[PDB]
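Opening notes on atazanavir bound to protease.
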Protein chains: 2
Amino acid sequence: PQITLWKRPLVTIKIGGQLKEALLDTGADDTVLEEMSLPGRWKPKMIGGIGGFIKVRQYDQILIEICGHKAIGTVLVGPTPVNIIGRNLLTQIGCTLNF
Amino acid sequence: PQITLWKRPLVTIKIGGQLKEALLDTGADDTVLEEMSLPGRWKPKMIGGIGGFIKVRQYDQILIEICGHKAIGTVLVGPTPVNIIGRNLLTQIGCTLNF
Ligand SMILES: COC(=O)N[C@H](C(=O)N[C@@H](Cc1ccccc1)[C@@H](O)CN(Cc1ccc(-c2ccccn2)cc1)NC(=O)[C@@H](NC(=O)OC)C(C)(C)C)C(C)(C)C
Ligand SMILES: [Cl-]
């Protein structure tokens, strides 16, 4: 699709068989989801936004579908205000900015 | 232009006679710049991101040139780690997400 920006670019994602809403975020290096359960081991990461840094759990090679496009990559989990799809997965689904 | 997302989508902007680098940020409602002087009246605003909230000065009807495209809108000024071009100005230059 072509997504204009008059509203927040919110899409449906599917992860662990669950549907969630997430923000397509060109300003985010990483993908960060609200607290949830994921399989396997995790490693620590500190990520910095406006306001400061938060600690998150890093899971690698996670299956996630974004607006019907399949991706497999790193998903961070922690006290984010909103589910965020960052550039690590936007690139996998072939996202560009255009004007 | 078409901007891929392998790297941070940083572009040159011109604002208040100054050239600055800023991030094209579809995950931002607002445009927020590092400390600078702007003309006219302002009012305080709290904005929230990953690490909580910061206080900024809100200036309305500010002229900005983004990657060669002129726009007018509200610009917030304050302790952001990075210069951010948010949706309020991305719409004005006809910027879309495409995949
Ligand atoms: C290199 O660092 C990053 O990539 N940082 C990312 C990040 O925070 N990106 C910011 C822009 C940014 C980049 C680098 C340093 C600091 C900030 C945005 O792309 C992500 N984002 C994602 C985000 C969106 C909403 C909220 C939020 C916060 C409080 C209440 C409700 N929502 C938090 C994070 N948006 C906002 O924070 C915006 N907030 C906003 O539009 O609020 C409606 C601002 C900007 C206008 C403040 C992540 C931590 C998500 C990975
Ligand atoms: Cl505006």
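The lettering of chains (A, B, ...) simply tracks the order of the sequence lines. Here chain A follows the PDB entry, giving residues 1-99 in order. We're sticking with the PDB entry numbering for chain B, so the shown stretch reads 1-99, in order. When reading the values below, keep in mind they use all heavy atoms of this one structure, side chains included, and skip hydrogens, waters and symmetry mates. Note that ligands are numbered from 1 as they come in the structure, with each ligand's atoms numbered from 1 the same way.
Within this structure, atazanavir can be identified as ligand 1. The heavy-atom neighbours of atazanavir at a 4.0 Å cut-off, by chain: A, B. Heavy-atom separations between A:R87 and atazanavir are all 4.0 Å or longer. Within the 4.0 Å heavy-atom criterion, the part of B:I84 lying near atazanavir is the side chain and not the backbone.
Heavy atoms of A:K45 found under 4.0 angstrom from atazanavir: none, in either backbone or side chain.
For atom 31 (C) of atazanavir, the nearest protein heavy atom (residue, atom name, distance) is A:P81 CB, 4.0 Å. Atazanavir has an N or O atom lying under 3.5 Å from an N or O atom of B:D25, backbone or side chain. For atom 35 (N) of atazanavir, the closest heavy atom belonging to the protein is B:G27 O, 3.0 Å. Counting heavy atoms closer than 4.0 Å to atazanavir, residue B:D29 contributes atoms from both its backbone and its side chain. Looking only at heavy atoms of the protein, atom 17 (C) of atazanavir is closest to A:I50 N, 3.6 Å.
Here the heavy atom of the protein found nearest to atom 8 (O) of atazanavir is A:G49 CA, 3.2 Å. Scanning the protein heavy atoms around atom 15 (C) of atazanavir, the nearest turns out to be B:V82 CG1, 3.7 Å. By the 3.5 Å distance cut-off applied to N or O atoms, A:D30 is not counted among the residues near atazanavir. Protein heavy atom in closest approach to atom 39 (N) of atazanavir: B:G48 O, 2.9 Å. The protein heavy-atom contact nearest to atom 1 (C) of atazanavir is B:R8 NH2, 3.3 Å. Under the 4.0 angstrom criterion for non-hydrogen atoms, A:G86 is not in contact with atazanavir. Heavy-atom contacts of atazanavir within 4.0 Å involve A:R8, A:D25, A:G27, A:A28, A:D29, A:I47, A:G48, A:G49, A:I50, A:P81, A:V82, A:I84, B:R8, B:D25, B:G27, B:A28, B:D29, B:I47, B:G48, B:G49, B:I50, B:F53, B:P81, B:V82, B:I84.
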